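Written out below as structure tokens is the structure these notes cover.
Lettering of chains follows the sequences in order, A, B, ..., and the numbering in each one begins at 1. Order of appearance sets the numbers: ligands from 1, and atoms from 1 within every ligand. Values below: all heavy atoms of this structure, side chains included; hydrogens, waters and symmetry mates excluded.
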There are 2 protein chains.
Amino acid sequence: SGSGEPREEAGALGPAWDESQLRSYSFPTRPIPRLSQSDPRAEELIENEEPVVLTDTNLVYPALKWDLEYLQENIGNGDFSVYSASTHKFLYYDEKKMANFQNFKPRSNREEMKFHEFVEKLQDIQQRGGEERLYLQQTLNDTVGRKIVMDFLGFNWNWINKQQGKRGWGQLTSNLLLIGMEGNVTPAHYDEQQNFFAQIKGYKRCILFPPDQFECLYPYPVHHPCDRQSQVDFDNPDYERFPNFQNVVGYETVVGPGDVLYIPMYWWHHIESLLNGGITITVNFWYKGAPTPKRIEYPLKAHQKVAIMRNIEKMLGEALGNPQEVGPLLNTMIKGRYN
Amino acid sequence: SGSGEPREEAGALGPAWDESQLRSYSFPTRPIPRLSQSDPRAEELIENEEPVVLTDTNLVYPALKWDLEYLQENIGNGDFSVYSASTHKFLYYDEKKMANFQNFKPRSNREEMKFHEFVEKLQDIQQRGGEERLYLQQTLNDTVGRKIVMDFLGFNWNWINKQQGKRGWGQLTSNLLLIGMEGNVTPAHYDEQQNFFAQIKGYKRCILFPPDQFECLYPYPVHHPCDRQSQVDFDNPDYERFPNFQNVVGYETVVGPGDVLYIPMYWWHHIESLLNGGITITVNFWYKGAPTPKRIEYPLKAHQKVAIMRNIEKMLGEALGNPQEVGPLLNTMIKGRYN
Ligand SMILES: O=C(O)CNC(=O)c1ncc(-c2cccc(Cl)c2)cc1O
Ligand SMILES: O=C(O)CNC(=O)c1ncc(-c2cccc(Cl)c2)cc1O
Ligand SMILES: [Zn+2]
Ligand SMILES: [Zn+2]
């Protein structure tokens, strides 16, 4: 199944999307549940750190009127990070780690520009039917214009603050605004914080994998610039290098305006703006996970084993004085001894 | 080369041993230098933590008269640990770690007995030409008889205490008495302390490998009872499991009465009592290595990387709550990511 039958928009406006707008992949999926925020099952899913789509939170209700016109006239004159790409895949590159791998070629290039400059490129590209793609990813702070501040104040802080308290999460670390073009793909990766993914404009297909599928998704080394992302090309998986990708099973859903997807900490997510669906707008909310208990029940959670692996890789990097010696030492430790 | 031409005993007594008494192995070797304790080159070798045979230390001069008769009549009535074996290989088993591996079969069995009982078995075995083998390995403390205490006090403590101070080593941790039968083999292993190997009776072939040949020698897992020993059977090496054993290069020498072999910390050693050479007697001295400097020069020593690997394996054992999960997690961390 996976995404399921497309939903019918109110007023008999027809289906919001069709299967032809979803890309084709090699793995099966099951659907993420779409529930009401008042449904106790949704409460149980979040508490158990499983994904759920909430349909009626009103989390970003005032932002549902947002489009390029409204934002350009009200966002203000500030710098917005804009990422470029020659293809549909926007692989992230941590610039601080580029020193560790010298012969690493970045595929996407970040650019700072005012918002009207961002709209111009989209208009310019659209005019000449170019194959270039863009993706705006900028934090929203107090600098933005007055009208956008009013909208932000109109978010449902009552609800999201309640969730913060119920789950004992830490503080809201950041709120990121995402504006992308149709067809854009953010490849599979995991984050170390709890995420509420608030869709505003357009539709996004979200494919999630639990932390226990670490073995099938082959993240980059911790010291690599692409740390936390899968090495597997979902469009052309190299089964000789990544054989357990043939065993991957995902959770998917299509989110539209007004939906909020809970992406639990350490869960992989692969996100694409539907083909031929126009631009997409999203706001993300990240919260630090709850602290680790004093006494651990044992039979450790998958995310706890991922955290251990990350720490091993980090400690060796420092202890050996060079991140490039991590791989050779780990292989020495394993070959003919644990494998 | 390796052992080199056998030495000529004084008084034209002929060669002390011949090549026919050495076992045959698949790897090459170079000779350990035999030097005088007054030779500054020997001082440089110890300081640089490289093996050397010292010919004239008088370290255990009073013990050179030791044999089974003398010891039985003077050692006293105490318990001596005696290890048994069905073959010539005496693989060590840490009894405290046997819990971690349940389906582990021990090949040697320890036995407590008085010294005259130990001589009786050697006499009994010799009588019936049995294939069983024995090895006495007991610490020497103040309980032993008066004459043996006098001999121990007659060791060259002036010299060995000077070495302790020069190298900044820690305290003498223990002194072990080793009495074995001809043909006995102590398989390749490394220790975490500095060792002075004082040969008393008979001849032993010592084959040493530097710490940087860790990759070729495939030690057991840290939590295995045979921790610190090589998995490779030197008599029948399994090159499919242990391919880099085909690249091993060793340092060897034959030690006789009055020789002292410095075995540096973390150096592998394989030790065999020569075939048809009678019983062998040895006393070992272990000293804690010097402390780790505050500021490390970097480009780390091979023994420092071994220590890191040991600590990783130990930390994971505790962190995961089960030593048997160490291997699976390490493979998960490496497969398709670092290998
Ligand atoms: O939502 C999408 O459509 C795709 N984007 C992400 O998934 C994402 N994930 C994480 C981050 C991020 C960036 C910086 C810090 C932190 Cl804690 C998180 C940004 C991100 O854009
Ligand atoms: O010398 C031989 O002929 C073979 N024996 C060893 O190599 C040896 N090595 C280490 C120990 C040992 C046993 C207990 C504690 C410590 Cl620190 C060391 C005993 C040992 O017997
Ligand atoms: Zn993310
Ligand atoms: Zn030893």
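- As PDB records put it, the drug at ligand 2 is vadadustat.
- Here the macromolecule with the greatest number of atom pairs within 4.5 Å of vadadustat (ligand 2) is listed in UniProt as Hypoxia-inducible factor 1-alpha inhibitor.
- Other chains within heavy-atom reach of vadadustat (ligand 2), distance under 4.0 Å: B.
- Residue B:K204 has at least one nitrogen or oxygen atom sitting less than 3.5 Å from a nitrogen or oxygen atom of vadadustat (ligand 2), judged on distance alone.
- For vadadustat (ligand 2), the atoms sitting less than 4.0 Å from at least one non-hydrogen atom of B:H269 are 7 (O), numbered in the order shown with element in parentheses.
- At a heavy-atom cutoff of 4.0 Å, vadadustat (ligand 2) is contacted by the side chain of B:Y135 but not by its backbone.
- The entry's source annotation for chain B reads Homo sapiens.
- Lab note: most residues of chain B in contact with vadadustat (ligand 2) fall in UniProt domain JmjC.
- Of all atoms in vadadustat (ligand 2), numbered sequentially from 1 with element shown, those under 4.0 Å from a heavy atom of B:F197 are 1 (O), 2 (C), 3 (O).
- Under a heavy-atom cut-off of 4.0 Å from vadadustat (ligand 2), the UniProt 2-oxoglutarate-binding residues of chain B that qualify: B:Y135, B:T186, B:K204, B:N284.
- The shortest N/O to N/O separation between B:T173 and vadadustat (ligand 2) does not fall below 3.5 Å.
- At a cut-off of 4.0 Å, the other ligands and ions listed near vadadustat (ligand 2) are ligand 4 (zinc ion).
- The overlap between the UniProt Fe cation-binding residues of chain B and the residues with a heavy atom under 4.0 Å from vadadustat (ligand 2) is B:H189, B:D191, B:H269.
- Distances below 4.0 Å separate heavy atoms of B:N284 from the following atoms of vadadustat (ligand 2): 1 (O).
- Proximity to B:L176 (heavy-atom distance under 4.0 Å) selects the following atoms of vadadustat (ligand 2): 19 (C), 20 (C), 21 (O).
- Note: no N/O pair closer than 3.5 Å links B:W286 and vadadustat (ligand 2) by distance alone.
- Ranked by closest heavy atom to atom 5 (N) of vadadustat (ligand 2), the top entry among B:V185, B:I271, B:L178 is B:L178.
- Lab note: binding site of vadadustat (ligand 2), heavy atoms under 4.0 Å, is B:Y135, B:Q137, B:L176, B:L178, B:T186, B:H189, B:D191, B:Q193, B:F197, B:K204, B:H269, B:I271, B:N284, B:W286.
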